[PDB]
> 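This PDB file has IPI-549 in it.
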Amino acid sequence: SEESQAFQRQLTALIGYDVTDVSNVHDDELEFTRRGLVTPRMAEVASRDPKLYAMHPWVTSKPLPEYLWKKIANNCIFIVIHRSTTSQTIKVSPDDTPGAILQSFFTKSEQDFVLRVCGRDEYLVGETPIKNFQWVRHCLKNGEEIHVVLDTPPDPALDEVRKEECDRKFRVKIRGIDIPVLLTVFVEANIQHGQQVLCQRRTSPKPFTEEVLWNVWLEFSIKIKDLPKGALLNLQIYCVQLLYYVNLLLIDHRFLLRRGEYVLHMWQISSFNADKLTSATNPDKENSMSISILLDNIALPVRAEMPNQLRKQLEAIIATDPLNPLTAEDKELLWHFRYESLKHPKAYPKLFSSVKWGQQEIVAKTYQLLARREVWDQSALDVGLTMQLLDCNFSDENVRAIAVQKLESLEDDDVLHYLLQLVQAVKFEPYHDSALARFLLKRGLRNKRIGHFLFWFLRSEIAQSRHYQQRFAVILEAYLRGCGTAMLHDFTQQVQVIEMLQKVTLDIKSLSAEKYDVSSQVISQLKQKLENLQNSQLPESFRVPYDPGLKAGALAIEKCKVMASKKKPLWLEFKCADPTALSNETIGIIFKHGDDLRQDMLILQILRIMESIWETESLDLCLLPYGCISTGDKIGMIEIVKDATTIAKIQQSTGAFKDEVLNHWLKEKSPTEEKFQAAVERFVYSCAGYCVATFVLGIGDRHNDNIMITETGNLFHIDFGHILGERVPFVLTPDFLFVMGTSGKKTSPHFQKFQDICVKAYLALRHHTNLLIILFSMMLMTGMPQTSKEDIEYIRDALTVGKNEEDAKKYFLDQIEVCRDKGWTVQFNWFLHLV
Ligand SMILES: C[C@H](NC(=O)c1c(N)nn2cccnc12)c1cc2cccc(C#Cc3cnn(C)c3)c2c(=O)n1-c1ccccc1
């Protein structure tokens, strides 16, 4: 069909990679996967409700927190409903549905009308009490009135989906290696299963020539039958240093033992990270190192009661943290008493890490154990635990599948919380098709909000990671074929605008080097390029990728500008295309090159999780995880927080610092004394929040230039990629303390409170130690370009694993005192080392 080839062309532009391309593939797993993902696509497409899908209501089954109960008048909530002009405030109890409140309204075609939010693509619809809608909870947190506009439901017609159309020892021959351009070298051959080396053979050393030929059989001690599925033949070249690596799945996607002539182009090194695991080969055929190999070698098809001191010992092991490495003794015990270990869900990661995966007999027994998982099946979903099983330590389908099963019960609100980290977790899958990928796919097709971010998270990786672009593309394509016509058009708009505004960000950066500030003619160039794009190619309105509720429209070219930090990022402002919008405040977007934003995304997604945790223990520390989306290599977009400045500028209104300046800025920006005291309170929460959060994540030691505050006193850290690219545990400088009214070594009402909020928040995180450890662990492995055990075991020390709550109270309070004793020392030292 000529239609499908235009559609397939249409798809490739949205993805930024061609899945039909067969240049860098030596098997058809990628094609097999595309075929495979039709069934679950079409199933989910078929079973999804037209109406609710179109309106995509954002709701939660969670309780309303205490702090939001206290913000309510008298079991009564004021909703303001709008026509084309006039409006009426309605009194409503939190437990009313959108239908019930609609019935109550018309008293003052009833089922032909829906309560849309004013200024947003956000509907308050469906059998959910008004309190359970996220937009309502946002309004209640902020203390803003809840404004809606009655109008027609969106047409499901628009979400139309296009109809689609041997006991033999294993051995490998190393032929040799080959590269055009450039010591002693050898080829190391590893058989791995969940970064666990089963056997290793090293080829004899030879001179480091462009073409090194061996023609040698590396014979292993593992039988062919004993190879487990998802076993990777890891080939690495050495010289005391590792230079190149490549992987080959010894067992393929059809359960067949891999055989035949292979020539694999290798990835160069820039110990462990996600990129090391990829079955993909280097696409750059001209520069890269190749290796030639040959494979010829066949499908893969009443208990006595525990002692006290053993159950003790077992329960000890299971209780410990995920980074706690298991002794051989621990694993033998876990395995021997596996049927008892199966009764404890929190043993599972450890228990499956105790399996000999190089023994068909043991693997088979392992599988008999998973058949009797009534305990797991009935266990309350533990997300942290479920993540552990999807990390790099487990490369077994069945094991990994029980984790994915447990995720099925996640509400859409919770999926979003974890979606980024769950996309990154695909890097740990051994095969392109996997229960995880299908889960992602299914949940995105079910809910347009999840679908939207999924698009951007996959695309983020497709556009830079050569190690994983092929896999993510196939998954993305799969989603795009099911999301519907209204979304397709949305994404096309979005991607065009993004690519447009990237060119400008890059082109403007070419015009002025890091060496000097903004030029007049460069500003003149800027405002012409925008004039040009607005008039020529900018669409009338596009959806904001970091906040898909909001639709941005026409540029405020007057209000646009460019900074001078040598990064030279843009600062764009747009009118909101929605005329029903309550305010005329712009939509502020910052476009920047030269900064890796994948890091920022992950840190922020963790912040959002830390807030969700705190909500469960009746706490809100006014964190501000702004919108941020990596769009390509070193390029992304950032949400501009309105009425916000940096702590640095406040101080400069060389390297001299005054403690009071911060306090005076708040007095200046608050009209009323009450609003000053409200903002001083917001500062104490937000400071404590960011103090705790950054301490746990090992990123507290920032420069003032990297910290900001809103005019309403909401402090919030920024530029997290910068840190991950004489010390203090976190920024709690003398100015921050002067707001609280304490100076030197003293104490006051707000400082005594600050400390109450810190510890409470800190100990709340410790209640989810295991979750944060795994998210943090995973962040390092999938977020950073280059990671080690020493790094990962920081969070262990920062969360003070295996301790009482009072030693932890002590620890953190000591950390406060360290900040005070140092004062300005560290802030000062940046200027000193700069200059
Ligand atoms: C660092 C600061 N960041 C934010 O404002 C901010 C926000 N609002 N949301 N957000 C979310 C994540 C990260 N950052 C943020 C910031 C960014 C920026 C980005 C692009 C261009 C310019 C500019 C400019 C300009 C124009 N003419 N002249 C003389 C300077 C700027 C800029 O001036 N500032 C800045 C503001 C106040 C004091 C010091 C610097």
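We number each residue from 1, following the sequence as shown. Hydrogens, waters and symmetry mates are skipped; everything else that's a heavy atom, side chains included, is used. Remember, it's 1-based here, ligands and their atoms both numbered in the order they're listed.
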> Hey, which chain has the most contacts with IPI-549 (ligand 1) here? Just the name UniProt gives it.
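Largest number of contacts: Phosphatidylinositol 4,5-bisphosphate 3-kinase catalytic subunit gamma isoform.
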> Any covalent bond between IPI-549 (ligand 1) and a chain residue here, and if so, at which atom?
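The model places no covalent bond.
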> Specify which UniProt ATP-site residues in chain A come within 4.0 Å of IPI-549 (ligand 1), measured from their heavy atoms.
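Among the UniProt binders, by heavy-atom distance, it comes to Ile590, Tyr626, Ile718.
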> Identify which UniProt domain of chain A accounts for most contacts with IPI-549 (ligand 1).
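Mostly the UniProt domain PI3K/PI4K catalytic.
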> Under 4.0 Å, heavy atom to atom, what does IPI-549 (ligand 1) touch in the other chains?
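Heavy atoms under 4.0 Å: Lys561, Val562, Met563, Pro569, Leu570, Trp571, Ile590, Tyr626, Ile638, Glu639, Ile640, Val641, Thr645, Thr646, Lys649, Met708, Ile718.
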